[PDB]
*Asks:* 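Structure with imipenem (open form), see below.
Sequence positions for chain A are given in the PDB entry numbering; the residues included correspond to 53-199, 207-490, 501-562, in order. Quick check of the header: X-ray crystallography, 1.7 Å. As the structure lists them, so they are numbered: ligands from 1, and atoms in each ligand from 1.
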Amino acid sequence: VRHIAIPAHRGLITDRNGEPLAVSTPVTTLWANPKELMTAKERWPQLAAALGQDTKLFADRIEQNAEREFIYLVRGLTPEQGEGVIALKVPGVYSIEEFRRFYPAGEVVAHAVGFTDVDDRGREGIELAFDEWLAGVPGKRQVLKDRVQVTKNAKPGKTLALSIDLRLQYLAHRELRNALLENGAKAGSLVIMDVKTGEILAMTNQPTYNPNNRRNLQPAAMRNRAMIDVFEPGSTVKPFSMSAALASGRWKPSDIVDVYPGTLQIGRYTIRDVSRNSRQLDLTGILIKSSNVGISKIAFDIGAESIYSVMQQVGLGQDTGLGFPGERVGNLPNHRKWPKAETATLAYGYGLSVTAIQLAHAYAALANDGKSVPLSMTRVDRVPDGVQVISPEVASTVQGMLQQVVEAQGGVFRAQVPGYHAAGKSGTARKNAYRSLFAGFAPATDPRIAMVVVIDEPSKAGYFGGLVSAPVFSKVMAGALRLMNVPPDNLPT
Ligand SMILES: *C(=O)[C@H]([C@@H](C)O)[C@H]1CC(SCCNC=N)=C(C(=O)O)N1
């Protein structure tokens, strides 16, 4: 009517290596002044036909808007398409240069990147989180009519390079989908983090969607599971309980706990081990055998406050600071005083709720010699100092224990990575809905990458983390380490 905005070119989103992920592409939008269109009714049917619109629906739309001075006819046409309609010389019909987003990697990085709405505003993912950086500033065209000027130029948005490595993202996406098909699972997540920089190198969820064509789309495919699915992490948090034990000054890895007969009565409750073939276990054995009894006895000795503190410091149930739309925090209840039942359940991971992103970040702190670096979804050039949350001595010790969980007899052999020493822990998460988990990092002797694999479980009162998720970790870690040119560390001493 008086002012019409001049859309600004929205900033390009690339992966960390400059591969295109969200591109602002010029498109031609047609608009009309219904007051002038109302004087040329005989041209409407050819215009409706050129637009592929029903003659009656098109005429009713003009008639109902007869007193308006601006209505869109069609948005997002190619420059070639706009020219053909303009050549008809229909009174009151005008072409406007607009920008429309295209997502070259499509479904492979759908949830991380997100998308823009009809007006080119960030709606999901990075598009929304970094909307101010990406959007730039629109210009203005003053239109004066009976009873055109450029006022303020358009400024383009800014390019953004994500932390995601499209090569690792594609490998993760492919392997997670393979694993889901193999096990008859319908949903899952896989997160890969650079332990040194806090960068999220890959974040894939299944099911996924093509952001280039969002009509039809089931809302389950829209779910950014890695950041929104909250669950009790179970056995995957035992390394944090062990970190508290080694930091207490009361436990060395060679110390023994008698877990026989794989049950422990605490008043009215019975703590039970899934695998009940042990008597004395050292601290590494407690992790290899995933003994709830062993971890609970240690937890009683050191107190739940020490375990709570380690979990809180590594970020379990805490804000990530990413500012990512829809990201959930979960909950790590600070009971202040914990009875035995609550102490045990916390120690073996059923007394808190976390996300896959949080679990990966906690494993990244352990892998990075106990130093937590803040999470980033954008490329990190200057690494922040981070915080020493676990002492380097304790983190080094727990790293060795987790390498034994993968490599020792009776360990999670399916998680072994050929050419490298790998470390990690399997578990069954609870939401009752279940998930099979594997969390770990590699190379075990000089860690570079941390990864969490979550596969949603149809299940039957079973524990499949070491069967379903561990092989995904093996394949994705091997490919990721090779893609990053990490030297193999399993060499003759
Ligand atoms: C952890 O998630 C549970 C805990 C809460 O009971 C455990 C039980 C099992 S399965 C038997 C493993 N024993 C030795 N080979 C696991 C696991 O995934 O290893 N975690």
*Asks:* If you rank chains by how many heavy-atom contacts each makes with imipenem (open form), which has the most, and what name does the PDB entry give it?
*Replies:* Penicillin-binding protein 3
*Asks:* Can you check which of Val333, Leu346, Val296 brings a heavy atom nearest to atom 8 (C) of imipenem (open form)?
*Replies:* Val333
*Asks:* Can you sort out which atoms of imipenem (open form) are near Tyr409, meaning under 4.0 Å from one of its heavy atoms?
*Replies:* 5 (C)
*Asks:* What part of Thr295, side chain, backbone, both or neither, has a heavy atom within less than 4.0 angstrom of imipenem (open form)?
*Replies:* neither
*Asks:* Could you list the atoms of imipenem (open form) found under 4.0 angstrom from a heavy atom of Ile347?
*Replies:* 14 (C)
*Asks:* Hey, could you tell me which residue and atom have a covalent bond to imipenem (open form)? Or is it none?
*Replies:* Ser294 OG
*Asks:* Of the choices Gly293, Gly469, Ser294, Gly531, which has the non-hydrogen atom that lies closest to atom 5 (C) of imipenem (open form)?
*Replies:* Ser294
*Asks:* Among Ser485, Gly534, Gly486, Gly408, which residue places a heavy atom closest to atom 19 (O) of imipenem (open form)?
*Replies:* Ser485
*Asks:* Under 4.0 Å from any heavy atom of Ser334, which atoms of imipenem (open form) are there?
*Replies:* 13 (N)
*Asks:* By number and element, which atoms of imipenem (open form) are closer than 4.0 Å to a non-hydrogen atom of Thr487?
*Replies:* 2 (O)
*Asks:* At a 4.0 Å heavy-atom threshold, which residues contact imipenem (open form)?
*Replies:* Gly293, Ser294, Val333, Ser334, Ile347, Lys348, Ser349, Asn351, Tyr409, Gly469, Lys484, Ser485, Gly486, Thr487, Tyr532
